Amino acid sequence: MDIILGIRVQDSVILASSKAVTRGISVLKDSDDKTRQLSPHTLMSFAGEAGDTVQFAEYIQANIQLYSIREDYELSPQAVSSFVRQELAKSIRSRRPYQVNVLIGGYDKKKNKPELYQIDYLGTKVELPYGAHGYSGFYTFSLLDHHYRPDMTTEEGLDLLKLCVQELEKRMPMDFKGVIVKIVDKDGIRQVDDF
Amino acid sequence: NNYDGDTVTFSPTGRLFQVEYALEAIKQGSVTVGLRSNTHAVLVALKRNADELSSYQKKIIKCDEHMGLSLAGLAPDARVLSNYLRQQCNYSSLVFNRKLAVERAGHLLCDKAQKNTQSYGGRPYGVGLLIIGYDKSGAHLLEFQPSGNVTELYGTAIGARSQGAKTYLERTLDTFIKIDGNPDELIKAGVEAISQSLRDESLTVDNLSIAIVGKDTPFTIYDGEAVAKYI
Amino acid sequence: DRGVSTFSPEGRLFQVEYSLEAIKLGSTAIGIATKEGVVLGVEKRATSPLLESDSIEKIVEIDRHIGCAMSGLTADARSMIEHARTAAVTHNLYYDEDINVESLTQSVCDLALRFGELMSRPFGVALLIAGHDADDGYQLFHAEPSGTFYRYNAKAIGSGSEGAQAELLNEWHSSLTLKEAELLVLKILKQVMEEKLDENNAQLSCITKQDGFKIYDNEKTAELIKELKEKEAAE
Amino acid sequence: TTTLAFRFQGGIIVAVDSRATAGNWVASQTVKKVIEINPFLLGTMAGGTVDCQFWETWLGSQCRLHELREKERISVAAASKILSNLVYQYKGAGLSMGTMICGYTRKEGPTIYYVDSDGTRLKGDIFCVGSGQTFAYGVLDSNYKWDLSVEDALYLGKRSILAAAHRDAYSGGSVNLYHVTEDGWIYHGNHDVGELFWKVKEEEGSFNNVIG
Amino acid sequence: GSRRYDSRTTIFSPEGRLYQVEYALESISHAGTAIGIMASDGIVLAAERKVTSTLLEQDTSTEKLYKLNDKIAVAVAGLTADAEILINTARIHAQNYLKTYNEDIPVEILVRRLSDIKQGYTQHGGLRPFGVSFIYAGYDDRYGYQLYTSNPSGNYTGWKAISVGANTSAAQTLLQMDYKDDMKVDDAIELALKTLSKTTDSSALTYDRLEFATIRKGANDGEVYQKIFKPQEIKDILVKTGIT
Amino acid sequence: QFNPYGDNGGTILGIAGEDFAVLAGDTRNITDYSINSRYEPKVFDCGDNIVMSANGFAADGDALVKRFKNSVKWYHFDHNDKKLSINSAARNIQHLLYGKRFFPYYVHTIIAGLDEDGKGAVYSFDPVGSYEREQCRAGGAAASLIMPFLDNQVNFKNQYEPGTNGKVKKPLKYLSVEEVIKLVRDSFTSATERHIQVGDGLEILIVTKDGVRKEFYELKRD
Amino acid sequence: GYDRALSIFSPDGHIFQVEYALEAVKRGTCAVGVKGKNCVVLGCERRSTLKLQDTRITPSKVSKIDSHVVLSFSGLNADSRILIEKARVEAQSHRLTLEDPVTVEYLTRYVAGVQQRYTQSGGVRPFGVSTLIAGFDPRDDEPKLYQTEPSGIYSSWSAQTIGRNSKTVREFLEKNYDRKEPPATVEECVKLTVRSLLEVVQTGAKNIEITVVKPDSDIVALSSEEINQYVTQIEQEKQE
Amino acid sequence: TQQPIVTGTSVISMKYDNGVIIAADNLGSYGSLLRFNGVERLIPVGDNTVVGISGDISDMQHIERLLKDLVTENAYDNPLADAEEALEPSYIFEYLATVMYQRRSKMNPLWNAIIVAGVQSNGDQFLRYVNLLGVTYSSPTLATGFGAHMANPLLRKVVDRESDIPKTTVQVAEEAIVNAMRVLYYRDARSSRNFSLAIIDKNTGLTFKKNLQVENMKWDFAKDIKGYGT
Ligand SMILES: *[C@@](C)(CO)[C@](*)(O)[C@H](CC(C)C)NC(=O)[C@H](Cc1ccccc1)NC(=O)[C@H](CC(C)C)NC(=O)[C@H](CCc1ccccc1)NC(=O)CN1CCOCC1
Ligand SMILES: [Mg+2]
């Protein structure tokens, strides 16, 4: 775990997440997918304490999937993000809290708008045009402040994202073994295989 | 009649019918005998089968190296009560490094059976037990009834047609009590005692069940070819 | 009404005696023990021809060395099997060994009387528990809802039990081979069954020291049915 | 400890050392660090001896109960997740485990899952776990190809443990080899480092740092 | 012990019916009639108060119609005390959903949960069931305007128009006769009142013996408004349709 | 602050032969620099031809032995007087120890007996329940002194055949009960010389098919 | 807590509460399940004494337990919701721990186990519900159709019906269904299902619901017009 | 978790040919303050056992109550309470040892060191030790606190092993115990001159001696000692 990014553009949400899994002085894996599909038009990336991350992500995934079957209906990204926030807000005052930070990218089919939510382990939610967790933000936010425009296309968003990964690969201390990029739009979720 | 629905109800003459119906289950059970001298204490038990293809229901259970019992009635209830005795004997050993007195064993069984006869929902135990043992005051024989009543005796018998063996032991009292330092003769007396309760059936090799405990003898059970000596 | 754990004037528990009547309504199950193995066979008894008979599971594995057949309210047996499997595996975890067939049966029978006012009523199903161990060899047990179990050389339970038991009394001897026992279960099942016996409405199984507990295929049983018919016509 | 397992053309190789330590005290040279869960499943052990031993033995009981209940051998994914969910319940209590669940099934094919005591669970082709994992990685990575033969793959696994056994002070004793195929696991012997080191040095011409 | 006095509320009859549920429905059939009618642009709720006294305070009274949230209301038929227990539960449940998802609760979800509570009292616990039947009238952005009913069995169903309480047989026949799908709210108001006027056990239907409420999109642009009618407003609507 | 653990010293040793097995242990019991008892046995016959010793903190050692002895008793009650095999005993002890994983028994446990093929068996445990069958194991205060001597003399480690250029190893063979007792006595006299917590007396328990025999020898009392 | 043993044995060896729960199932609307060569079809009756209904929002008779399994029922409607909810939760719990969706047999076994538990637990009555569970196992193309009942027994069926007048439609299926050659296509399977319901229903208007399940989570419900075409076709062939 | 407040110092004991002897001073210290002087730290149980207790006095008084209650409980439904089924020293010890270990295992110990001395029914001498940790051991001589460091060496000169027990009379044994008590008064800063002594013999039974004093002390050589060097 370490690097997770998110960019909301005109018609889609793009999530980029690092591939490395490191323990001690060894990179155990360089092809790790730090994300789970919560619903056909909602994707959640995650980063934080070992074990907690996947356990939390899959627990949320199970609950949203349960809701979908029960109501035969897909929850809005806003509704999913609120559910996730409340779970983390409960967690922080538990005996052992989930130390997990997430980004939730979704496409609201009723509004026909992409939506990106950033939620930290305390349960702090914010809707944003672009977001990041951990040390990544210290480089990417200022970069996006400059280059980001609200009316960009998905292709323009991917180039903007390439610019962020290049900067991180230049100035970050650790080798995070590149990123897996996924796009969320009106047609659902798909993965970019060549990045 | 109207006062036998549960154990919590007294009859107008002051009887507990559910306790009496539990007592009836013992009378249907197969006969078992208990007797003792000053040195040893013996249990003899007639085992019962379902048919010729089945095994013979085991009647005797070991509780400790120095104590055990024979059963008559509901066998599962005997398993519950014997397991409780095993724990109590074991508590006395681990905590006090002390072999549980046979008299205390009776007091504990009495009190356990009693609680089941004064509360709603529960039921009385449906089994009678003969507890033998050798402790710091010599050999002992006890008779347990699920009413709660426990009685120390020289000899006794419970089960179907138990009156025959109980009469014999009442006649033989003066003889068998002085069989000291002789296990085989005390068993012979017990085997002859249970024989007074037999009808149409005789004691065979996989039918008879004997158990003994004494001064220099741990509680041991004899079945199969090991009881052929006493037929 | 009246208490669940009430004694009758004859000294029997009403609910236990009534559960025994439910078991008499159940489909027939037979078990025979030999020195070469133990055979377990059951009547499937499909209620309708549209019902896929292979989904009727009345013979069941508890461990590699212990098998089980049932008769009566078969839904009640699920938690008994679940307990038996856990008991068997748990003992292997605690002692690094197979568990004795008798000890397994005793553990199952401890559930029996755990009812009252614990569960609300006794089990309405009887079990035949077959197995092998190093100490007492090949064994067959009959476990009732009374909490009692008997070892048997041969035993039948269910609706055609008293008729089948009388037949087993004559046919069983201490030198029976496994093949002889297989045919004998089929023979006695065909006698007491309502519908005509075939591979689809009856099922065989066995437990041997070498190969463990095995449920036979419909192809294997069909040949044993054909072998049985030929031998009866041969004299 | 040093343990590894890698996936290749002909299935899965699994190799482990046999040393156990209490600080600098070498407590045992003959510890079995592979647990045989069933004819198709293996588990490796690194970290606290008892934690690994106890819970992987328990894992085998849970896998047996699965195939009794479901009438089908458990998947490697499901088996690994039983163990990972268990240790996650104890997260923070102080369990110390680095395990690898290796096996073949029809639906999955040859599969290796890394599972540790802080709840991490990872599917992968190559893993090295233990105090001498880095030494094993160095040799294994530099010589690994997917197209290795069964003979060459067995040797590389053996040679990688030997490399770590030599350099890591808390690894040694002997090498235990396993090969996992479509038909199940096959044991390929216990190899004492005492004799194996000199045999490999002479025949291979490596280990020139050591006085011959 | 206490077995002697147990009624055994949660058992089956030999015919496979739940005694207590059936008897609770018999209780509800004597309660004042309540009607719900769903139109294309709104929903009407009409209910008849149980034999009124002239010294009853009419304006500051609530017996039949209760507000669950801003978008959902219910008409009651049965024991009022029982209904209020369930209403407070439903009110809390709606706020839990809003707190969790930051969205107003979908009507069916609220109805299902309330009906699941009733079901529980028929299967376990040994308590008597709630002697209440509800008509749920509400709106959400998935299905729009919706009418449901639940009863002591815990079974619920959806409706275009429906009646509960007394004379439902006669009332349902009249609604089935005059109802059509392209109906407006103002027409549905008239149907609701006309139906009560014919099915009532009273001599004549008057303002003081009624409770009335609408759920329209008659607010300003794309938002729903709940109107619980005042006494004078019922008096006027009764004159406007020519009943008095 | 109250410290629930203590160190009672002493050392123990188990060796297995072809048709026998020995479990030895010194009889000294100490705290800090004081002697509590010169003869306090810590090797026990537990029944079913299983001998056991749990060395370290004596209160935990006694508790464990007491619980295992009791475990054997209930094994007989629950499984028709079946003999508890040494391998089964070992697994049972692992669960006893691990049951207190988060408040451990502070002891090194060794058991000895015969396996189901009649051959000598020795199992050893860490404080939390890890176990392993071995030909040879020393445990306790002087374990680090005795164990390497056993590697050399029992398992013939670092010993090669004379004249074979260090190519052929000294072949493994079983030792006689006489030869094993010699090694035990020498191991403890050496340990007594160089370790302050070891001395006073040596008590060996030998296990054959015929039963459990005892032998006692004096050790230096300084 | 309320402890009373409600389900108990009677002198003749029957559990009357379980048997009276079967009477509740017999009262319920008819439900039918027919499995073809590459599909399963679930047909359901809807009584027509209820006009002025809103079919958009009214609870449907067939419920999805997961994307690949469906459950229909006969008996008490309120009781069915409790079983469906439990089944849905267990479906997600299975995916979470086993990393694979439930088999149809497993899901059936779970639901049947719940029903059984309510037959020997204190303070509760049995479920007045029998279910038909149908679907396709993950990565499998063999159709599955199972039945459960209040007692807790479950079994697999080539074709089966439950509810009121089920003995009439079971009679129809027993002669019209060939084991050697099941309905080869979707159309054939639906037609046989509609035919069987037309023996009992009344009118083929808004009284029949049909749900088709195909492999790889392919489930769809038919509309009125689509079903009405089958009704129109069958009646014209009948007049012969 | 505790800390001891009012404390009692050494308890010393040994075996002799026909029985056992045990002793302990009558002081209840409050840190360095020698607060209470009338404290009895030897508690007889029946006519065949004496329990000597050192450490925390509040916990000692609790243990007194437990032993007192044990006697009462043993007498219940027991016709042979003063004969065959009387409380043995081994029974009383095992009970205390069980309690001590259970309390340490709950991290809330009875802050004591205990010596149970007595004679069994068959005549055998009983002498065993137990403390706050639940640690138990037996020896021909036993002592707690400073007694372990100073008394045991002196008592082991009389009875060094098992074979020395038959050769040791009650006169010789008591002399050694009384001497050890004097030495402890010289050298233990939390000891007193007044003490109690108990003898349990297989023939003469239980003899409990109160209000003994340390005497025949050597102090005269002190007058010759001047300064610390020059
Ligand atoms: C390589 C070889 C080293 O890391 C491997 O990782 C192996 C794995 C194999 C054995 C499965 N690991 C060890 O050998 C492991 C290292 C270790 C030690 C302690 C904690 C974590 C990891 N060693 C052990 O687990 C030893 C095995 C014994 C020697 C058979 N056990 C101990 O150290 C035990 C128990 C440790 C412990 C863990 C958790 C809670 C409490 C204790 N401790 C002792 O035996 C104490 N010690 C022995 C020496 O005498 C003084 C007391
Ligand atoms: Mg090394």
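Here is how names work: the chains are called A, B, and so on, in the same order as the sequence lines, proteins then strands, and each is numbered from 1. In what follows, every heavy atom counts, from backbone to side chain, and hydrogens, waters and symmetry copies are set aside. Order of appearance sets the numbers: ligands from 1, and atoms from 1 within every ligand. The entry is not shown in full; contacts are counted within the portion that is.
- The name recorded for the drug at ligand 1 is carfilzomib (bound form).
- In the deposited model, most contacts to carfilzomib (bound form, ligand 1) involve the chain that UniProt calls Proteasome subunit beta type-5.
- Using a 4.0 Å cut-off on heavy atoms, the other chains next to carfilzomib (bound form, ligand 1) are D, F.
- Name recorded for chain F in the entry: Proteasome subunit beta type-6.
- The search for other ligands and ions under 4.0 Å from carfilzomib (bound form, ligand 1) returns nothing.
- The UniProt active-site residue of chain D nearest to carfilzomib (bound form, ligand 1) (heavy atoms, to 1 Å) is D:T1, 1 Å.
- There is a covalent bond between carfilzomib (bound form, ligand 1) and D:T1 OG1.
- The source organism field of the entry for chain D says Saccharomyces cerevisiae.
- The binding-site residues for carfilzomib (bound form, ligand 1) (non-hydrogen atoms, 4.0 Å) are D:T1, D:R19, D:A20, D:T21, D:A27, D:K33, D:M45, D:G47, D:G48, D:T49, D:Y170, F:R101, F:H108, F:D126, F:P127, F:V128, F:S130.
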